[PDB]
Amino acid sequence: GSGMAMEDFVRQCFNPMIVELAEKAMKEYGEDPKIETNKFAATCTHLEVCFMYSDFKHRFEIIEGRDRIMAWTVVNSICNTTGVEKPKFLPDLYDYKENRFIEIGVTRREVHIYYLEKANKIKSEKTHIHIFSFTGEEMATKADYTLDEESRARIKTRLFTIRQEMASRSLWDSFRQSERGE
Ligand SMILES: O=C1c2c(O)c(=O)ccn2N([C@@H]2c3ccccc3SCc3c2ccc(F)c3F)[C@@H]2COCCN12
Ligand SMILES: [Mn+2]
Ligand SMILES: [Mn+2]
């Protein structure tokens with residue numbers, strides 16, 4: 001259940017491309033993945049979900065996984081060619097079919113609680129929110145889940161698998177409790 005154990009878990013259970021992008025994002029925002037090991041795992045998990053979401057004719061542009069400048073450059077380019085309003089906060093994806101940005105949330109807590117937190121932090125009723133748990137639960141803006149049932153099933157399964165792999169190593173309890181502060 002240690003810090004070293006969690007860092008080792010992350011580097012073993014996530015593909016090297018995900019790990020590298022997560023490390024770069026954490027450094028960009030001033031956090032050390034060797035100290036904030038649960039956050040390291042959280043960023044890898046969330047990045048993987050974004051990449052799995054964008055697979056499932058490229059319907060989706062991935063904003064996440066890019067450095068800050070390139071992320072906003074992509075966002076501005078989309079807004080210039082679609083007239084969609086520029087979001088105040090960086091989103092995770094752009095849906096070319098529905099022509100809307102998407103914010104992806106992954107939570108170790110109840111989805112309704114996290115969904116409210118997300119909706120409150122953005123306040124822009126134009127970014128579509130989609131929350132996943134590690135328990136197979138899901139909540140999205142207007143109960144519009146965007147993807148088909150099978151695509152969401154595989155994301156839920158992968159998240160549950162991560163949870164079980166953590167639990168087998170006694171890492172899940174720590175990971176769960178670090179999402180929200182005291
Ligand atoms: O893109 C995100 C982001 C999300 O998209 C999200 O859903 C939750 C959280 N985020 N944050 C991610 C992040 C992403 C995934 C899981 C946990 C965290 S926790 C804060 C943090 C993030 C990235 C690097 C870092 F050092 C951080 F401390 C930051 C929020 O500022 C815009 C960029 N960003
Ligand atoms: Mn993001
Ligand atoms: Mn997100």
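FYI, the numbering just counts along the sequence from 1. Just so you know, ligand 1 is whichever comes first in the structure, and atom 1 is the first atom listed for that ligand. The way this entry was determined, per its header, is X-ray crystallography, 2.0 Å.
The compound at ligand 1 is the drug or drug candidate baloxavir. In this complex, the main macromolecule engaging baloxavir, as named in UniProt, is Polymerase acidic protein. Residues of other chains with a heavy atom under 4.0 Å from baloxavir: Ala25, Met26, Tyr29, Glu31, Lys39, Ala42, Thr43, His46, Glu64, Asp92, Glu103, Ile104, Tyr114, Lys118.
Counting the atoms of baloxavir from 1 in the order shown, those under 4.0 Å from a heavy atom of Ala25 are 24 (C). Covalent status of baloxavir: not bonded to any chain. Residue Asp92 has at least one heavy-atom neighbour below 4.0 Å for each of these atoms of baloxavir: 5 (O). Inclusion of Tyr29 in the set of residues having an N or O under 3.5 Å from an N or O of baloxavir is not warranted. Apart from baloxavir, the ligands and ions with atoms under 4.0 Å away are ligand 2 (manganese (II) ion), ligand 3 (manganese (II) ion). Atom 26 (F) of baloxavir is flagged as protein-proximal [any protein heavy atom, distance under 4.0 Å].
In the vicinity of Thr43, heavy-atom distances shorter than 4.0 Å reach the baloxavir atoms 13 (C), 14 (C), 15 (C), 16 (C), 17 (C), 18 (C). Residues of chain A that UniProt annotates as binding Mn(2+) and that have a non-hydrogen atom under 4.0 Å from baloxavir: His46, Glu64, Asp92, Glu103, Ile104. Rounded to 1 Å, the minimal heavy-atom separation between baloxavir and the UniProt active site of chain A occurs at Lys118, 3 Å.
Of the protein's heavy atoms, none falls inside 4.0 Å of atom 30 (C) of baloxavir. Residue, atom and distance of the protein heavy atom nearest to atom 1 (O) of baloxavir are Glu64 OE2, 2.7 Å.
Distances below 4.0 Å separate heavy atoms of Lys118 from the following atoms of baloxavir: 6 (C), 7 (O), 8 (C). For baloxavir, the atoms lying closer than 4.0 Å to a non-hydrogen atom of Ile104 are 7 (O). For atom 34 (N) of baloxavir, no protein heavy-atom neighbour is found at a distance under 4.0 Å. Proximity of atom 4 (C) of baloxavir to the protein is indicated by at least one non-hydrogen atom lying closer than 4.0 angstrom. The protein does not reach atom 12 (C) of baloxavir closely, with no heavy atom under 4.0 angstrom from it. Counting protein heavy atoms under 4.0 angstrom from atom 21 (C) of baloxavir gives zero.
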